[PDB]
Asker: 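One structure coming up, written as structure tokens, with questions to follow.
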2 protein chains.
Amino acid sequence: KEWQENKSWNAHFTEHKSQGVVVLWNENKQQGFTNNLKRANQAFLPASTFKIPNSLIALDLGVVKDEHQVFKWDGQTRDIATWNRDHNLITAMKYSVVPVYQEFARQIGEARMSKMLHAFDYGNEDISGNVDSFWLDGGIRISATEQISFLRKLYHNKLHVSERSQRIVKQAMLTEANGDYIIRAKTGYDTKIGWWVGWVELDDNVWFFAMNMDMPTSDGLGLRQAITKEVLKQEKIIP
Amino acid sequence: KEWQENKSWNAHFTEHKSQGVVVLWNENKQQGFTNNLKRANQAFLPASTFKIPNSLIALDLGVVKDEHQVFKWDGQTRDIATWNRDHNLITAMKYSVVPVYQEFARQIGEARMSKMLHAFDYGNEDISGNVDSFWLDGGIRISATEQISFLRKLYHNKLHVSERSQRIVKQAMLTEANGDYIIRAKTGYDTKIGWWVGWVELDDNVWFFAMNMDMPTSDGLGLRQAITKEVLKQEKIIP
Ligand SMILES: *C(=O)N1C[C@H](NOS(=O)(=O)O)CC[C@H]1C(=O)NOCCN
Ligand SMILES: *C(=O)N1C[C@H](NOS(=O)(=O)O)CC[C@H]1C(=O)NOCCN
Ligand SMILES: [Cl-]
Ligand SMILES: [Cl-]
Ligand SMILES: [Cl-]
């Protein structure tokens, strides 16, 4: 009753010839829902979804002074045009500019990064690999339910960082807002798995979500949000 | 070249046999634009846009502890259905719930309300009339350009309240968010005059805006955003 399985959601993966898990948390009702209880606990590389805790650490250690501080383009031309320009934290999260956050990581350092993830209870708290790439190709792993447990602490300012830090990152996670709802979320792609994790704010409740799916090619990345919104629409969380 | 008149925007008021003013401020270029220099500097009752400074003062004085504190419906049935329910700061601003804010004002009190509005350099800084209604039927007045100045201070956290108070109110002002822009803004109506004030966040710039227009009946209230958005589209600030 605290966790329920709804296999009817699998049709949202089936219709797109894909496979994955959607995990929802109803905060008011303290209830979880997923299409696959097993895969909901499978831990994967966080990839770009690691920008949430990475932002928190860089803000709270003073590696990032605020959301307007500019991090200049390094002049290296990269495959994603939006990366080859100056960014602040907000645009850095919106375009998921990895090189910005790799520099963040180097400045944090191994010891403090590892110490902070333990304080966050984040995933398997393993940073083996390059200090500036372990969340792309090192030891760190996190499941969808783990993502939800981390996002809920952030929502309630219960992470061991300043309230200011936590508010700035939730500001930067802002994806969508209209008269019906607000989504604060972050996507990720590790070359094999696609992530979308965040929450949907409503007038009188909040719905946490975390999804991942098999992503053999970059062409289907749009599906991360499509399949999630189909689920939220089936559950009358969004119109 | 600080302020410039663009009378073409009058076509957007003319198109709806209406009259009023749009004022824009290009933050990067420190340059302002309006269709009506005279009306840009004319002072009106702020009405519900006063929820912005009221929220700031309520938070900073501790009348409001955070954005989730609930203010229960007093049971008085009022003409706007969304008012007859419990609200927190986010929903009270979203639904422009005056009784919530009149209670704020009553708890703030005349002496502190006056001192804070003076600290904010807000309008004519005159709170003559009922402490819980002076912004609707009292002696307080503010111009569109004065609105811009106030909002620019809030954006830059330069008001004489805490950084946290300013951040919470900008969160409460969140009106729209998509991949192209964010609008944080507040509407208002005093039964003769309609207001829309706020700003449009872009990747690399912010456009402040304050508009008002003659509002003989409530039926044209959506023109506040419609006419503003026509201007922003014309200036290519939004698609
Ligand atoms: C993080 O997951 N990133 C950065 C960027 N984010 O795109 S998103 O999936 O829309 O958030 C692109 C994908 C990924 C990478 O850094 N890419 O390197 C390996 C994954 N393709
Ligand atoms: C403030 O301007 N208000 C409160 C409420 N907000 O609607 S909005 O204009 O869409 O922000 C209704 C309109 C207005 C009134 O209070 N209306 O009566 C005027 C005297 N209170
Ligand atoms: Cl990253
Ligand atoms: Cl926000
Ligand atoms: Cl009000």
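Lettering: A, B, C, ... assigned in the same order as the sequence lines. Residue numbering in chain A adheres to the PDB entry, whereby the residues present occupy positions 23-261 in order. Chain B is numbered as in the PDB entry, which gives 23-261 for the residues shown. Reckoned from all heavy atoms, side chains included, excluding hydrogens, waters and symmetry mates. Indexing begins at 1, ligand by ligand and atom by atom, following the structure's order.
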Asker: Name of the drug or drug candidate at ligand 2?
Answerer: nacubactam (bound form)
Asker: Counting heavy-atom pairs within 4.5 Å, which chain has the most contacts with nacubactam (bound form, ligand 2), and what does the PDB entry call it?
Answerer: Beta-lactamase
Asker: Going by heavy atoms only, which other chains approach nacubactam (bound form, ligand 2) to less than 4.0 Å?
Answerer: B
Asker: Mind checking whether B:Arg246 contacts nacubactam (bound form, ligand 2) via backbone (N, CA, C, O), side chain (CB onward), both or neither, at a 4.0 Å heavy-atom cut-off?
Answerer: side chain
Asker: Name the residue and atom at the far end of the covalent bond from nacubactam (bound form, ligand 2), if one is modeled.
Answerer: B:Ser70 OG
Asker: In the PDB record, where does chain B come from, organism-wise?
Answerer: Enterobacter cloacae
Asker: Report any other ligands and ions found less than 4.0 Å from nacubactam (bound form, ligand 2), or state none.
Answerer: none
Asker: May I ask whether B:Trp105 places a heavy atom under 4.0 Å from nacubactam (bound form, ligand 2)?
Answerer: yes
Asker: Looking only at protein heavy atoms, which one is nearest to atom 16 (O) of nacubactam (bound form, ligand 2), and how far off is it?
Answerer: B:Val120 CG2, 4.0 Å
Asker: For nacubactam (bound form, ligand 2), find out whether one of its N or O atoms is nearer than 3.5 Å to an N or O atom of B:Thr213.
Answerer: no
Asker: Which residue holds the protein heavy atom closest to atom 2 (O) of nacubactam (bound form, ligand 2), what is that atom called, and what is the gap in Å?
Answerer: B:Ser70 OG, 2.1 Å
Asker: Binding site of nacubactam (bound form, ligand 2): which residues fall under 4.0 Å, heavy atoms only?
Answerer: B:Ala69, B:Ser70, B:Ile102, B:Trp105, B:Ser118, B:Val120, B:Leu158, B:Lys208, B:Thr209, B:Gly210, B:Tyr211, B:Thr213, B:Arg246
